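Right, one structure below, let's go through it.
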Amino acid sequence: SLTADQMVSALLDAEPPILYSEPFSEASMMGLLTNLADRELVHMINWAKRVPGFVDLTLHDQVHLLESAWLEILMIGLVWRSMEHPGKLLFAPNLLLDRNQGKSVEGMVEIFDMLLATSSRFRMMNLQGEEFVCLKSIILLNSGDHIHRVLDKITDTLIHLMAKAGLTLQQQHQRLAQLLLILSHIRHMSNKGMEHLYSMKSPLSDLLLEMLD
Amino acid sequence: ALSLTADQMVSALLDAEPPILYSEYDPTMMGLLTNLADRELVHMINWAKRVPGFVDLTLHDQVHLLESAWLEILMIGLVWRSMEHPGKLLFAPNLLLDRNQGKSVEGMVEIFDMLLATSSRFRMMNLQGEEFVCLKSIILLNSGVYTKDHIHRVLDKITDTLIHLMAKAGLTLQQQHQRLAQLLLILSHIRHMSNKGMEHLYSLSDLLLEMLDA
Ligand SMILES: CC/C(=C(\c1ccc(O)cc1)c1ccc(OCCN(C)C)cc1)c1ccccc1
Ligand SMILES: CC/C(=C(\c1ccc(O)cc1)c1ccc(OCCN(C)C)cc1)c1ccccc1
């Protein structure tokens, strides 16, 4: 219903805050991130409810979308924070880790490097905040009819941002392609992430349902 | 390679297309799929070498891109040929499985329904052959690009090719970048399905280097 520019403003206003973290072992480092993550998830839900077209979906669909996309969203949020910190990841203002410390957790050295590669790619493209919030909304809606019309609106919005940037048509859809292809790499990183979290001993749906309702 | 046109890009990719192989005739499942995939893999190497700008890369990079994308390439091919067979996957012309047949297969418990939905998606989008071969080429160059400027230059060109096909088809410019977005978002799902497959298979850098010595 809305215009390409008020879509930007609405999403920007719905942006979650940057939370603070609470040598490392494997269990203490994953304790830090899990905590930050679970705190971060509360704010993600409130953000999702303010993404245009989300609350119009059934509760069953809202939960399902967040359930499959939550790690993707945390990761692209992490990458966005670490953009101006080459060779490092900004989990929190009080938790900036280089590649060296990432070996505290086994199997995390691979995922770590994939996040750093994404961060450099965003810097190479000089990703804007107006585009970032658009990419993040797409992730929430795509990873899981009405949804596609909303997704089609975000595409127009992204194009609108690139057209106002002074870009000709060729560089516009080229950049659009470049951006969306990164999401495939983000999905990949999430998949490898779920594995590791599954490779651990023992409520998201409960948290999702509790806060969404 | 960077100086081709959209029509020359399409023409090169279409003639680079691998043949649809058959499952081994033996009247008297993962074994059949493994056998089929390994024979398909040999044709994939020949195809990849015909993808514009792929041979401009080093031998090491060619191996890396293929080891990262091979299952995605096989899966999108599976989805493509299963398009006009609703609610059923066409692994081979003589190996056609529907859902209940597929539910009883090793670890295809998750991806079968995903592959069908992807096939449903392409069908209701009316995916053209010219678009398909473009998407498959994109997969080849993009899957391992993060795990280099020439690669992104070829990708941008395949993007230019896709847009041209949509403009010629008679789509408005708004419909053009919308369709392009839809197609590329699907690649995320295909990446997702591949990961699910790789894991199950996990329970190479070798053989590729062997095949590409040709
Ligand atoms: C890349 C770091 C990521 C963590 C992360 C945390 C916060 C953030 O903003 C971005 C990334 C991470 C760690 C743990 C985690 O668990 C939460 C779910 N619990 C309840 C099982 C989620 C993310 C991670 C994910 C899986 C394995 C290893 C690390
Ligand atoms: C979706 C079916 C796919 C098979 C397949 C996909 C497309 C195609 O054109 C042909 C087959 C499949 C099965 C086995 C396989 O292994 C080959 C490599 N070996 C040497 C380990 C690859 C794909 C598969 C992958 C992992 C687990 C279960 C199934």
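One letter per chain, A onward, in the order of the sequence lines. Per the PDB entry, chain A residues shown: 309-330, 336-457, 473-530, 535-545, in order. Numbering, chain B: per the PDB entry, residues 307-334, 342-460, 472-527, 536-546 in sequence. Note that these values count all heavy atoms, side chains included, but never hydrogens, waters or copies made by symmetry. Every number for a ligand or one of its atoms is a count from 1 in the order of the listing.
Of the listed GSK-1292263, 4-hydroxytamoxifen, TAK-659, PF-05089771, the one present at ligand 1 is 4-hydroxytamoxifen. The main binding partner of 4-hydroxytamoxifen (ligand 1) here is, in the terms of UniProt, Estrogen receptor. Other chains with a heavy-atom distance under 4.0 Å to 4-hydroxytamoxifen (ligand 1) are given as A. In the candidate list A/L410, A/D351, A/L408, A/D351 is nearest to atom 17 (C) of 4-hydroxytamoxifen (ligand 1), counting heavy atoms.
Residue contacts with 4-hydroxytamoxifen (ligand 1) for A/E523 are absent, since no atom lies close enough (heavy atoms, distance under 4.0 Å).
Per the PDB, the organism of origin for chain A is Homo sapiens. Here A/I424 has no heavy atoms under 4.0 Å from 4-hydroxytamoxifen (ligand 1), in either its backbone or its side chain.
Most of the residues of chain A within contact distance of 4-hydroxytamoxifen (ligand 1) belong to the UniProt domain NR LBD.
Proximity of A/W383 to 4-hydroxytamoxifen (ligand 1), defined as any heavy-atom pair under 4.0 Å, is confined to the side chain (atoms from C-beta onward).
Those atoms of 4-hydroxytamoxifen (ligand 1) with a heavy atom of A/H524 less than 4.0 angstrom away are 27 (C), 28 (C).
For A/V418, no heavy-atom contact with 4-hydroxytamoxifen (ligand 1) is shorter than 4.0 Å.
Contacts with 4-hydroxytamoxifen (ligand 1) closer than 4.0 Å are made by side-chain heavy atoms of A/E353 only, the backbone lying farther away.
Listed by number with element, the atoms of 4-hydroxytamoxifen (ligand 1) under 4.0 angstrom from any heavy atom of A/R394 are 9 (O). In this comparison of A/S518, A/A350, A/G390, the heavy atom closest to atom 22 (C) of 4-hydroxytamoxifen (ligand 1) sits on A/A350. Not a single heavy atom of A/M427 sits closer than 4.0 Å to an atom of 4-hydroxytamoxifen (ligand 1). Near A/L428, meaning under 4.0 Å from any of its heavy atoms, are these atoms of 4-hydroxytamoxifen (ligand 1): 1 (C). Measured by non-hydrogen atoms, the distance from 4-hydroxytamoxifen (ligand 1) falls under 4.0 Å for these UniProt 17beta-estradiol-binding residues of chain A: A/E353, A/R394, A/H524. Close approach to A/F404 involves these atoms of 4-hydroxytamoxifen (ligand 1), each under 4.0 Å from a residue heavy atom: 2 (C).
Residues in other chains coming within 4.0 Å of 4-hydroxytamoxifen (ligand 1) by heavy atoms are A/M343, A/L346, A/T347, A/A350, A/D351, A/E353, A/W383, A/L387, A/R394, A/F404, A/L428, A/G521, A/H524, A/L525.
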